[PDB]
Chemist: 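Here is a complex structure; among its components: BMS-214662.
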Amino acid sequence: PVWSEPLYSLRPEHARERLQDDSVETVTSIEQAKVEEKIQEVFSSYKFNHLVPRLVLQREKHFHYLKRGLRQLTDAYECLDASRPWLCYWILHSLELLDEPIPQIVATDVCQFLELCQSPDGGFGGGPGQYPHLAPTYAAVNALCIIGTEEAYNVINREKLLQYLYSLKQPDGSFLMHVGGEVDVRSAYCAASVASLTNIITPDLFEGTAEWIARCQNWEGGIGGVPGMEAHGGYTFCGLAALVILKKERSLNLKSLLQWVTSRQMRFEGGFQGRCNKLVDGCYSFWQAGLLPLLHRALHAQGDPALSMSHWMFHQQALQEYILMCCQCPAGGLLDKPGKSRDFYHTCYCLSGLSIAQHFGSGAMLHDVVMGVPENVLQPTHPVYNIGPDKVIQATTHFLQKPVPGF
Amino acid sequence: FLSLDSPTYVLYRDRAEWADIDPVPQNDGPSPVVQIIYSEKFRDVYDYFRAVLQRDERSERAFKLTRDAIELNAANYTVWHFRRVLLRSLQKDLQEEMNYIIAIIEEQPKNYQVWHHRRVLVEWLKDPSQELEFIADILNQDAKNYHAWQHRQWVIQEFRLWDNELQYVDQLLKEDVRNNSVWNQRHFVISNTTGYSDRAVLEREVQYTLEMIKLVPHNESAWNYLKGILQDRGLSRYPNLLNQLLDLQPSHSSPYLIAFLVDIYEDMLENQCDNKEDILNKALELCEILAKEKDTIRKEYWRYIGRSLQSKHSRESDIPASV
Ligand SMILES: N#Cc1ccc2c(c1)CN(S(=O)(=O)c1cccs1)[C@H](Cc1ccccc1)CN2Cc1c[nH]cn1
Ligand SMILES: CC(C)=CCC/C(C)=C/CC/C(C)=C/COP(=O)(O)OP(=O)(O)O
Ligand SMILES: [Zn+2]
């Protein structure tokens with residue numbers, strides 16, 4: 001119909017999705033209202049300017065932002081001086097999704113830089129001369145696999161990495177983030193991620209890990225940083241993804257989890273919140289929404305016959321609308337929410353989420369949903385590692401031809 | 001003893017007491033990637049940090065240097081590790097260090113490293129006497145600080161300081177009944193104290209929740225808490241629940257109450273209830289009402305539940321193909 005609105009967020013019924021504070025005001029409702037009000041302005045802008053809406057992913061603009069940052073950053077990133085491998089990964093992955101080639105001049109410089117970050121004793125640090133840490137180690141391995149050239153693969157010292165992983169392993173199945181450091185679900189995932197890709201997973205490395213992760217699932221259905229903590233999207237993704245790698249998804253109450261994540265998508269904004277009663281955030285377009293592909297795979301593994309065959313269990317269209325209309329910086333790069341400044345973290349995850357929301361894949365079945373102009377379609381991303389599905393296969397296929405340190 | 005923000009602050013290369021040290025510039029290689037264009041102050045401090053770290057110089061001046069390196073980037077875990085080495089080697093007064101970390105956390109509360117550092121201190125000192133109050137102050141500025149609640153749970157568990165937490169929880173829920181972190185803390189205190197098997201306790205909790213739900217019908221936290229404390233024993237295990245929720249649809253309705261209804265029906269069908277088919281259809285109509293009207297953002301979920309429930313509870317679900 002001519003009166004019909006193709007964009008879900010601009011339909012008149014949508015207004016009914018605004019917050020109902022039951023005339024009881026608290027800091028949470030006041031805060032949620034401010035955001036909704038700001039998002040409504042964005043949605044309504046087309047009607048007020050008398051323009052027909054067009055959802056365009058600003059490719060060239062994001063490419064410039066990425067291209068440059070990959071080589072140089074302002075002092076605004078001094079706070080990430082101990083996370084340089086993360087910067088490499090987020091940027092290289094954003095380019096990968098945007099489908100931009102990685103010049104060999106760059107691939108080699110990247111490889112060399114990560115070598116400088118690698119520790120004599122295994123794992124990578126957040127920068128040259130810094131002690132190793134599982135987070136920058138997970139990023140380094142990922143960045144190298146994205147490059148995926150023989151040179152990149154050879155940067156990784158597999159015997160040392162394994163030694164390192166063991167030196168962090170705890171009696172209760174968990175892992176320290178680094179020597180003398182803290183423990184949380186993130187370490188489980190970082191370890192599982194790098195150990196599986198490089199094929200250094202011994203019979204006892206992750207003993208008890210699946211059980212420890214399972215202990216992090218709480219009364220909410222979601223997973224918390226450590227046993228007993230509020231359910232959070234970032235940690236939940238970490239827990240499920242790790243279990244998927246360990247083939248222990250069933251250790252969790254997948255049902256209560258599925259219900260928890262599906263409730264994390266905002267009815268009005270369209271994007272996801274990190275935890276119940278907080279604000280929407282573009283990066284959760286990945287941590288939260290990225291869970292559905294994981295769940296679909298687990299439930300399907302269990303023969304679940306109700307699973308859709310063309311969509312994930314979240315409003316794909318509404319998420320693309322949030323990202324596209326509310327998360328792009330006109331100057332390039334993406335962000336948390338309208339009003340927030342751009343950064344590479346959000347560029348990486350807003351795009352990863354967009355890709356996931358555009359591509360449905362369950363074996364033979366393949367259905368896409370691309371909001372806005374077709375040029376908006378991105379390269380698909382693997383829901384466990386968050387690098388090209390191709391890079392995952394290629395990487396593992398290369399290291400599987402190597403003996404697991406020790407044999 | 002010269003703050004990183006003092007107007008008379010001087011770069012380290014211009015300090016007499018540091019003339020003997022050659023700064024160690026950062027080894028970024030021939031052609032850098034993700035190279036950060038540091039400010040003069042930042043690069044100066046870290047060039048000297050790199051030197052002390054390299055020589056593993058355990059000195060009072062190195063100790064003071066780490067404070068500046070930390071303030072420039074509190075996320076540099078390598079510097080925090082060296083600082084802890086110096087705290088022990090130099091036998092530094094840990095209460096003074098406690099004074100320091102509470103100041104840093106007040107300043108940058110959403111950093112992983114500062115909280116981990118405080119935890120290490122509390123452990124070393126084996127003294128949690130200041131923890132609940134300090135955290136309460138942080139929480140008073142951000143009632144949802146994830147690291148704050150995590151530290152609070154650790155301290156309470158490791159030192160068994162359960163006695164007043166429920167009271168604290170009641171205070172914050174009053175301030176903001178929508179604070180999901182507090183509902184989580186509530187479930188935390190009860191689970192580790194009385195537990196929810198004590199019928200008097202469980203009863204109390206559900207009463208409280210329903211009470212809250214009445215006051216703020218659309219606050220999802222109360223609803224999730226209610227489902228959380230009853231879902232393990234089984235929703236169908238509580239026959240009066242359904243009727244009491246139905247007596248809310250009139251006025252106190254929400255897509256939340258409807259979703260709960262489906263949950264109850266689902267569990268009922270899962271325990272061969274009376275009028276199996278009648279219950280099923282009641283659930284399928286609610287699923288559709290939610291997927292197409294009350295909770296459309298979750299249309300895919302609801303349609304899934306719709307299929308699931310029919311896939312295994314239709315009268316023909318356990319009937320042979322040939323029949
Ligand atoms: N660019 C960039 C950037 C921006 C924020 C940020 C992170 C990176 C990664 N880290 S963090 O601890 O290093 C930071 C927190 C605050 C500033 S950087 C934080 C924790 C993290 C670290 C590494 C991988 C994933 C998450 C996440 N954040 C804070 C945030 C994101 N969304 C809402 N809050
Ligand atoms: C692979 C890997 C290392 C993943 C990490 C996942 C992740 C995003 C963790 C962060 C969780 C957290 C402590 C948020 C607090 O900030 P906040 O209070 O601003 O968050 P919120 O309001 O969005 O919940
Ligand atoms: Zn974010």
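Sequence lines set the chain letters: A, B, ... in the order given, protein chains first and strands last, and positions in each chain run from 1. Ligands are counted one by one from 1 in listed order, and the atoms in each one are counted from 1 as well. Only this structure's heavy atoms are used, side chains among them; waters, hydrogens and symmetry mates stay out.
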Chemist: Got a sec? Need all the ligands or chains for BMS-214662.
Modeler: ligand 1
Chemist: Specify the chief binding partner of BMS-214662 in this model, using its name in UniProt.
Modeler: Protein farnesyltransferase subunit beta
Chemist: Quick one: what other chains come closer than 4.0 Å to BMS-214662, going by heavy atoms?
Modeler: A
Chemist: Please work out whether any backbone atom (N, CA, C, O) or any side-chain heavy atom from C-beta onward of A/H346 is under 4.0 Å from BMS-214662, and answer side chain, backbone, both or neither.
Modeler: side chain
Chemist: What label does the deposit attach to chain B?
Modeler: Protein farnesyltransferase/geranylgeranyltransferase type I alpha subunit
Chemist: Determine whether the side chain, the backbone, both or neither of A/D281 has a heavy atom under 4.0 Å from any heavy atom of BMS-214662.
Modeler: side chain
Chemist: Please list every residue in chain A that UniProt marks as binding Zn(2+) and that has a heavy atom under 4.0 Å from BMS-214662.
Modeler: A/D281, A/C283, A/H346
Chemist: Between A/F344 and BMS-214662, find which residue part has any heavy-atom pair under 4.0 Å and reply side chain, backbone, both or neither.
Modeler: backbone
Chemist: In this entry, what organism is named for chain A?
Modeler: Rattus norvegicus
Chemist: Does BMS-214662 have an atom under 4.0 Å from some heavy atom of A/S83?
Modeler: no
Chemist: What's the shortest distance from atom 11 (S) of BMS-214662 to any protein heavy atom, and which residue and atom give it?
Modeler: A/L80 CD2, 4.7 Å
Chemist: What protein heavy atom sits nearest atom 17 (C) of BMS-214662, and how far off is it?
Modeler: A/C79 SG, 4.7 Å
Chemist: Define the binding site of BMS-214662 with a non-hydrogen cut-off of 4.0 Å.
Modeler: A/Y77, A/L80, A/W86, A/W90, A/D281, A/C283, A/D343, A/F344, A/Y345, A/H346
Chemist: Write none if no such pair exists; otherwise list each N/O atom of BMS-214662 with its protein N/O partner under 3.5 Å and the distance.
Modeler:
unit_1     : atom_1 : unit_2 : atom_2 : d
BMS-214662 : 1 (N)  : A/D343 : OD1    : 3.3
BMS-214662 : 1 (N)  : A/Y345 : N      : 3.4
BMS-214662 : 32 (N) : A/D281 : OD2    : 3.2
BMS-214662 : 32 (N) : A/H346 : NE2    : 3.2

